[PDB]
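The following structure: FTC-TP with DNA polymerase beta.
Labels below follow one simple rule: chain letters A, B, ... track the order of the sequence lines, proteins then strands, and each chain is numbered from 1. Each ligand, and each atom within it, is numbered from 1 in the order the structure gives.
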Amino acid sequence: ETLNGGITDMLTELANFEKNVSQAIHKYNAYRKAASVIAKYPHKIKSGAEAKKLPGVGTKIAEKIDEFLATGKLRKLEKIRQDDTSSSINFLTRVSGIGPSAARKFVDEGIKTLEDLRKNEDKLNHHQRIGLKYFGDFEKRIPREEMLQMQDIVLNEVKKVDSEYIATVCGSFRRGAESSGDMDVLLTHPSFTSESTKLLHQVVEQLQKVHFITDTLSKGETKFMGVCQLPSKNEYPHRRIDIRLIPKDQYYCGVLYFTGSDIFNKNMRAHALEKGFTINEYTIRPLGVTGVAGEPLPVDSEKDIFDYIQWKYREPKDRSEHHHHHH
DNA sequence: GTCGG
DNA sequence: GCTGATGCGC
DNA sequence: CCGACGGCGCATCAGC
Ligand SMILES: Nc1nc(=O)n([C@@H]2CS[C@H](COP(=O)(O)OP(=O)(O)OP(=O)(O)O)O2)cc1F
Ligand SMILES: [Mn+2]
Ligand SMILES: [Mn+2]
Ligand SMILES: [Mn+2]
Ligand SMILES: [Mn+2]
Ligand SMILES: [Mn+2]
Ligand SMILES: [Mn+2]
Ligand code: NA
Ligand code: NA
Ligand code: NA
Ligand code: NA
């Protein structure tokens, strides 16, 4: 199935360990980068040397690849898997609301299992209460077929609140994925621009009023994080939904951001820094001589952003990650 | 952990 | 109130 | 203790 899959899984496992157990956020990103680059490499890897040529594979990862190529495993990962404290910390971070820091506190207080975690609800904040409540459903992927029915509801209900709203389903759906992990809804309204001043609320209560949104993780004036569910013919899993209100006049920088992937975005924002610019979901600005962002540059399309940084435009579908296959 | 300066 | 970290997530 | 690594919304606490 997956060309070099053994290696990329290995590197993914290490990344997760550095993040969740070591709290080494930059080592985590080194391994992710490594995993991404190898996955998109179109040849089989014969050695750590070969791999090392790829940007973001260095000495220590080559070594590991050698070890893995030679033995079909990695001793560093055997020791880690066996370490039950590492394994429970890792596990707890898969609940939404719990990161490396809380997962560690919980495990050092004898909370190690799903069963233990439910026993100690009173220890959890609201966000964690809800991620635990839907832990199972949130592990499932969303078929594009079901994404369409959700778009239909979201779009219809936005129009019914105020037809001047425009709602756009971004994330992995806009990239054409046949399944998505969540639903990312990007929202504009002409009253909200970068120079103006309860636009997101209305939409959320409307979506709750017709019982599509079922819970709330967090909510502010511009970003809503919650749970949703299709009505049953006769039940559908609950699902994560992200609703983002961005300023009407910065739609392109915002839709670029909200389309992802995550890895595409940090690579893009990294390539810009070396060219001399800084990008966020609102603007692309030139970095001053002192690394200080200057005034925003004009953007009339997604391609204008790529253009400023001397990148070839890439349609949404080519902003996903890929892997390659062996026979 | 990698890169680069 | 304000600012500024830290934790968490996308 | 070579240093930067993407960038920021929401929740919370700390120090003023
Ligand atoms: N680290 C991240 N940086 C980003 O810019 N993003 C952006 C913000 S919103 C857009 C989509 O994020 P999601 O986490 O919903 O990821 P996705 O839709 O690509 O993937 P999925 O199908 O939701 O698993 O990507 C996400 C990150 F995780
Ligand atoms: Mn495949
Ligand atoms: Mn294989
Ligand atoms: Mn490739
Ligand atoms: Mn205890
Ligand atoms: Mn998504
Ligand atoms: Mn999302
Ligand atoms: Na390299
Ligand atoms: Na988590
Ligand atoms: Na308790
Ligand atoms: Na459920």
- Task: Indicate which ligands or chains correspond to FTC-TP.
- Result: ligand 1
- Query: Which chain letters come up when looking for other chains with a heavy atom under 4.0 Å from FTC-TP (ligand 1)?
  - Reply: A, C, D
- Item | Identity and separation of the nearest protein heavy atom to atom 2 (C) of FTC-TP (ligand 1) | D262(A) CB, 3.4 Å
- Is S172(A) in polar range of FTC-TP (ligand 1), meaning some N or O pair under 3.5 Å apart? yes
- Identity and distance of the protein heavy atom lying nearest atom 25 (O) of FTC-TP (ligand 1): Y257(A) O, 3.7 Å
- Polar contact flag for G181(A) and FTC-TP (ligand 1) (N/O pairs, less than 3.5 Å): yes
- Message: Does any N or O of FTC-TP (ligand 1) fall below 3.5 Å from an N or O anywhere on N265(A), backbone included?
- Response: yes
- Message: Is there a polar contact, in the sense of an N or O pair closer than 3.5 Å, between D184(A) and FTC-TP (ligand 1)?
- Response: yes
- Message: Heavy-atom pairs closer than 4.0 Å: do any link FTC-TP (ligand 1) to the side chain of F173(A), the backbone, both, or neither?
- Response: neither
- Polar proximity FTC-TP (ligand 1) side, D182(A) side, N/O cut 3.5 Å exclusive: yes
- Decide whether the shortest distance between a heavy atom of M183(A) and an atom of FTC-TP (ligand 1) is less than 4.0 Å. no
- Query: According to the entry, what name goes with DNA chain C?
  - Reply: 10- MER primer
- Residue portion contacting FTC-TP (ligand 1) (non-hydrogen atoms closer than 4.0 Å) for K266(A): neither
- Item | Numbering as shown, the atoms of FTC-TP (ligand 1) that approach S180(A) to under 4.0 Å (heavy-atom distance) | 22 (O)
- Message: If we count only non-hydrogen protein atoms and require a distance under 4.0 Å, does atom 14 (O) of FTC-TP (ligand 1) qualify as touching the protein?
- Response: no
- Looking only at protein heavy atoms, which one is nearest to atom 10 (C) of FTC-TP (ligand 1), and how far off is it? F258(A) O, 3.5 Å
- PDB source organism - chain A: Homo sapiens
- Message: For atom 19 (O) of FTC-TP (ligand 1), what is the closest protein heavy atom, and at what distance to 0.1 Å?
- Response: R175(A) NH1, 3.0 Å
